[PDB]
Amino acid sequence: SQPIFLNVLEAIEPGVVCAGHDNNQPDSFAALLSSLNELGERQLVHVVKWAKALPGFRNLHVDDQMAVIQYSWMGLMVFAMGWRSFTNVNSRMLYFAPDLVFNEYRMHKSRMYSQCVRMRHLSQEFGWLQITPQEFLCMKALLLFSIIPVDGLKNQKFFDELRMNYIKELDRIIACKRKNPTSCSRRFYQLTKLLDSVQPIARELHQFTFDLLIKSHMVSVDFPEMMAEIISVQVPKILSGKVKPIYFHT
Amino acid sequence: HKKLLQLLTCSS
Ligand SMILES: C[C@]12CCC(=O)C[C@@H]1CC[C@@H]1[C@@H]2CC[C@]2(C)[C@@H](O)CC[C@@H]12
């Protein structure tokens, strides 16, 4: 009969977020990165509101809720950006925000052209794999539950159950033919491979933003409060190996 | 940490 989980994910999916970028100023490293940082700060508000509205999320210990959001935001935001880029510009450009679309020139000026190329490839995967909106939403929800401390969470048992349930929801919505069991298996394989592929991209961006925050005063790049806190307190836990992604495949 | 946790405390 009529489900519920998908209804919820569709209902809570964040709307359009603008970066507040002044497209009159030249495309300088300082201007572009300061705008991406502000976009991050703005999107973080929406990620928190989204996560708190997810089925079961409030069952986690409050400190664990904070922790998973602070570790997973980069992956979540990149994955969502890849989808926007796919749907809006067929992955030709990176659609960070309606007022902050990166073309080749901006990719170069941002000094993260290589990372942008990887993000474009991620975006293109949505087309190559013909990912459905429902597959996208379930995959994105699972990204929230895909990075934790090596030492575990305060209530790891509840987390493990929640993650299991999100994996089950993804399995249920995969676009495949049940009459051909091999198709469903191949599809699930492809999707878990796609999910895993987000992590190395997020890692490169974690390294970049950390290095940027350290030199931010020297290169005139502004970091808002929440971003500067998370990049200085949580991101280094990832970079130092205290916090690691949960991969499907070895 | 203030603004971030504030987004969780508000209407918990
Ligand atoms: C998450 C954001 C902002 C939201 C988005 O759509 C994806 C994008 C990916 C690159 C991030 C950026 C936020 C600011 C960062 C972290 C910069 O400091 C360097 C890389 C940027």
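Chain letters correspond, in order, to the sequence lines: A, then B, then on. Numbers in chain A track the PDB entry; the residues on display, in order, are 669-918. For chain B, we keep the numbers from the PDB entry: what you see runs 618-629, in order. Counting starts at 1 for both ligands and their atoms, following the listed order.
- Present at ligand 1 is the drug dihydrotestosterone.
- Lab note: most contacts to dihydrotestosterone (ligand 1) come from the chain UniProt lists as Androgen receptor.
- Other chains with a heavy atom closer than 4.0 Å to dihydrotestosterone (ligand 1): A.
- Nearest non-hydrogen protein atom to atom 20 (C) of dihydrotestosterone (ligand 1) is A:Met780 SD, 3.9 Å.
- When the options A:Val746, A:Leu762, A:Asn705, A:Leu880 are ranked by their closest heavy atom to atom 15 (C) of dihydrotestosterone (ligand 1), first place goes to A:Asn705.
- Less than 4.0 angstrom separates atom 4 (C) of dihydrotestosterone (ligand 1) from at least one non-hydrogen atom of the protein.
- Within a 4.0 Å radius of atom 1 (C) of dihydrotestosterone (ligand 1), the protein has at least one heavy atom.
- As stated in the entry, the source of chain A is Homo sapiens.
- Among the UniProt-annotated 17beta-hydroxy-5alpha-androstan-3-one-binding residues of chain A, those with a heavy atom closer than 4.0 Å to dihydrotestosterone (ligand 1) are the following: A:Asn705, A:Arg752, A:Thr877.
- Residue contacts with dihydrotestosterone (ligand 1) for A:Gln783 are absent, since no atom lies close enough (heavy atoms, distance under 4.0 Å).
- Every atom of dihydrotestosterone (ligand 1) with a heavy atom of A:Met742 under 4.0 Å away is listed here by number and element: 16 (C).
- Most of the interface of chain A with dihydrotestosterone (ligand 1) sits in UniProt domain NR LBD.
- Near A:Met749, the atoms of dihydrotestosterone (ligand 1) lying under 4.0 angstrom from a non-hydrogen atom of the residue are 6 (O).
- Compare A:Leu701, A:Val715, A:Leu704 by their heavy atoms: the one nearest to atom 13 (C) of dihydrotestosterone (ligand 1) is in A:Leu704.
- Of all atoms in dihydrotestosterone (ligand 1), numbered sequentially from 1 with element shown, those under 4.0 Å from a heavy atom of A:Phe876 are 19 (C).
- Judged by the shortest distance from any of its heavy atoms, A:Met895 lies inside the 4.0 Å radius around the atoms of dihydrotestosterone (ligand 1).
- Within the 4.0 Å heavy-atom shell around dihydrotestosterone (ligand 1) one does not find A:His874.
- Taking every non-hydrogen atom of A:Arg752 and a distance limit under 4.0 Å, the qualifying atoms of dihydrotestosterone (ligand 1) come out as 6 (O).
- Of the heavy atoms in A:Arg710, none comes closer than 4.0 Å to dihydrotestosterone (ligand 1).
- At 4.0 Å, heavy atom to atom, the residues around dihydrotestosterone (ligand 1) are A:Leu701, A:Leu704, A:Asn705, A:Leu707, A:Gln711, A:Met742, A:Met745, A:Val746, A:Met749, A:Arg752, A:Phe764, A:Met780, A:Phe876, A:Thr877, A:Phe891, A:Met895.
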